[PDB]
Undergrad: 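Consider the structure of ORF12 with clavulanic acid bound.
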Amino acid sequence: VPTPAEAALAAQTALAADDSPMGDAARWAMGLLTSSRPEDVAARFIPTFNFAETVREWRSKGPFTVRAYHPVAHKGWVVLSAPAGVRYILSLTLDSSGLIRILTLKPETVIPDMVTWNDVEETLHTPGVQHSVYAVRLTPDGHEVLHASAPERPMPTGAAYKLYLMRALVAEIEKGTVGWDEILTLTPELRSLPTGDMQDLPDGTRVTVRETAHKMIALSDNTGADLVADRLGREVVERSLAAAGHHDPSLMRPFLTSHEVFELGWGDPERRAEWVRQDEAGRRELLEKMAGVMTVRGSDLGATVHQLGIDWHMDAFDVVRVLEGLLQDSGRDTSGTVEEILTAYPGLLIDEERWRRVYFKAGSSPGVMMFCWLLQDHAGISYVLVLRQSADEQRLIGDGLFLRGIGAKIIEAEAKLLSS
Ligand SMILES: O=C(O)[C@H]1/C(=C/CO)O[C@@H]2CC(=O)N21
Ligand SMILES: O=C(O)[C@H]1/C(=C/CO)O[C@@H]2CC(=O)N21
């Protein structure tokens, strides 16, 4: 088991040797912090990306020593020690060609090693935050509950809704009303905000249903999700919540697009008061009227709106059901297309000798964080873990490394917590 000096050395060597988009970006960002030029910056970041002042302030906190390095596809984390035992984390999020979309340097997110489920509960609890943890083993005859806190509580789940969108899509593929190689087309009206990269494509860009669905899940691409929802139609997306496991489908009807959550949640306050006042008919009518090119920008987001219904609400059982349904859908798809999409991005570095397959999905919105995994071993034993937080203030939740890291520690301690 690596001692402190061993782990920091291994992290440092791995960062230097990491021949990948994350390795390239992580090494470059570390150089900004440890060395002594607007063109080289602009070339490292997304085209639509103050920063000089940001970097100056970062550098004032050093010198930094690399203590841990956690590359995970387009997401990365570097744990740094500064003078006097003070630790920070550098977080990277990349686009599809390895340009930096998000780069932060923040106080360290501390997650202790978990021995018991009570460790989990006591670590996670935050006054003013509602949380829920649900862990099950799936069996032919129902689910064995390993741990449960508030699974029956419906909570906002952000892009976890894209699990239902995926199931709706597979349902239509099986019916032959849509094809994996059918072409979807990006239009101004169909463009949404990040998470994702597809919004950065030119108007009129032609993309397959397959690659759109891949990015919708793997990159949580909001524009990719909105492209699929547009192609399927809202009625088809909705008329599948009942089939695909949902305790109260009325909570997601109308089943909002990401464009719609963004535009309604952070646009015109009167239009938002109209939603709150309206019944299902008036809300469908409001959304039809709102249809068009977004006016809301990422800079407008902040206040929480999930408490108004402007999010996607589900209970922990619903999340287990849709993941279990996806497992089944994947198994029926002899082409492996569904499986490849579901497994591309497991959200963590996974022990592949232990786990044959891992599905993952996150959701986040102001005041909302969630992570869920389905992990199946090589004997075919499946576990699902569902972690959720909601609050009236986004600062009580933070950037989601906490909740993800809790999952990470649970999964690390699987022989204690999951498979004991
Ligand atoms: O895909 C991920 O891992 C992203 C995400 C996407 C949800 O929009 O939300 C959580 C917060 C974060 O960085 N995670
Ligand atoms: O393996 C872990 O402990 C956690 C972590 C914690 C940050 O120090 O970073 C990686 C991403 C994640 O959830 N893992």
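To match the PDB entry, the residue numbers of chain A are left as they are there, and the shown ones run 8-43, 47-59, 64-434. Recorded method is X-ray crystallography, 1.8 Å. Both backbone and side-chain heavy atoms feed into the values below; hydrogens, waters and symmetry mates do not. Whatever order the structure lists them in is the order used to number ligands and atoms, beginning at 1.
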Undergrad: Do any other ligands or ions come under 4.0 Å from clavulanic acid (ligand 1), and which ones?
TA: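 Below the cut-off I see nothing.
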Undergrad: Less than 4.0 Å is my threshold; does some heavy atom of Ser378 fall inside it relative to clavulanic acid (ligand 1)?
TA: yes
Undergrad: Measure the distance from atom 1 (O) of clavulanic acid (ligand 1) to every protein heavy atom, then report the residue, atom name and distance (to 0.1 Å) of the closest one.
TA: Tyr359 CE2, 3.7 Å
Undergrad: What residue and atom, counting heavy atoms only, is the protein's closest point to atom 13 (O) of clavulanic acid (ligand 1), and at what distance?
TA: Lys89 NZ, 2.8 Å
Undergrad: I need the contact type for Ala376 against clavulanic acid (ligand 1). Using non-hydrogen atoms and a strict under-4.0 Å cut-off, is it side chain, backbone, both or neither?
TA: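 Answer for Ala376: both.
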Undergrad: Using a plain distance cutoff, I'd like to know if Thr209 has any nitrogen or oxygen under 3.5 Å from a nitrogen or oxygen of clavulanic acid (ligand 1).
TA: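 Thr209 vs clavulanic acid (ligand 1): N/O contact under 3.5 Å present.
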Undergrad: Name the closest protein heavy atom to atom 14 (N) of clavulanic acid (ligand 1), giving the residue it belongs to and the distance to 0.1 Å.
TA: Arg418 NH2, 3.0 Å
Undergrad: How does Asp413 reach clavulanic acid (ligand 1), by side chain, by backbone, by both or by neither, if only non-hydrogen atoms under 4.0 Å count?
TA: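 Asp413 to clavulanic acid (ligand 1): backbone contact only, side chain stays beyond 4.0 Å.
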Undergrad: Define the binding site of clavulanic acid (ligand 1) with a non-hydrogen cut-off of 4.0 Å.
TA: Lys89, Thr209, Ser234, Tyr359, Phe374, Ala376, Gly377, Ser378, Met383, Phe385, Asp413, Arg418
